[PDB]
Amino acid sequence: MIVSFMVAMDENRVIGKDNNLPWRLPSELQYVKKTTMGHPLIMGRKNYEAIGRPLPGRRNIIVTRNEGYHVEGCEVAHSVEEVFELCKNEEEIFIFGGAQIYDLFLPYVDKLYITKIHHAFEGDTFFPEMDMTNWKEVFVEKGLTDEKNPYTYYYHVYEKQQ
Ligand SMILES: CN(Cc1cnc2nc(N)nc(N)c2n1)c1ccc(C(=O)N[C@@H](CCC(=O)O)C(=O)O)cc1
């Protein structure tokens, strides 16, 4: 099964602020809906509270070690091992994030979905960095800059095929 990371970040790798994210970019959330639809999202508790509801069309799966955590509309996994058990029959998995969630699935990733916003915000969680020792660009693009969406980001994708 394909473990794909799905991430938007600063030019300084910031992905988050207090708990809620640094920006607010409707069109970005579009690309995300699009590429993700019909696939499981694996996220941590704190990432889900930011979102604040289940994302329609996708098995939302939350990752806590806590044996008594439940939210409606979402599955809970208390392990990386469980995540693969729930997604046994699954084509592709999207690690939706929380930095610590990315750290968990680092030994398993085979595909990366990075958005790079050029502008630097105030906040404190970061994307766990990885490979100029790989991987392979497989796609680039620019996105909508508007009155809402005001920043030059680039939709990226990579593939570790080794
Ligand atoms: C806080 N946040 C986390 C978030 C935001 N942008 C990201 N962008 C990328 N590229 N990757 C992520 N991991 C990511 N995560 C959110 C908040 C709301 C929605 C949301 O309501 N998304 C709708 C999109 C359209 C809508 O807003 O209704 C969806 O169904 O996917 C998504 C992510």
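Numbers here simply count residues along the sequence, with the first being 1. All values below come from the heavy atoms of this structure, side chains included, with hydrogens, waters and symmetry mates left out. Remember, it's 1-based here, ligands and their atoms both numbered in the order they're listed.
- Counting heavy-atom pairs under 4.5 Å, the chain with the most contacts to ligand 1 is listed in the PDB entry as Dihydrofolate reductase.
- Among the choices chlorhexidine, aminopterin, raltegravir, methotrexate, the one modelled at ligand 1 is methotrexate.
- Site of methotrexate with heavy atoms closer than 4.0 Å: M6, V7, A8, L21, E28, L29, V32, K33, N47, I51, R53, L55, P56, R58, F96, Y102, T115.
- Each of the following atoms of methotrexate lies closer than 4.0 Å to a heavy atom of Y102: 13 (N).
- Shortest contact from atom 21 (O) of methotrexate to any protein heavy atom: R53 NH2, 2.4 Å.
- Here no covalent bond ties methotrexate to a chain.
- Ligand-side atoms of methotrexate in range of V32: 8 (N), 9 (C), 10 (N), range being under 4.0 angstrom from any heavy atom.
- Atom 6 (N) of methotrexate has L29 CD2, 3.4 Å as its closest protein atom, hydrogens excluded (heavy atom only).
- Per the entry, the source species of chain A is Bacillus anthracis str..
- Using a 4.0 Å cut-off to heavy atoms of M6, the atoms of methotrexate that qualify are 11 (N), 12 (C), 13 (N).
- Atoms of methotrexate lying under 4.0 Å from any heavy atom of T115, numbered from 1 in the order shown and given with element: 10 (N).
- For methotrexate, the atoms lying closer than 4.0 Å to a non-hydrogen atom of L21 are 5 (C).
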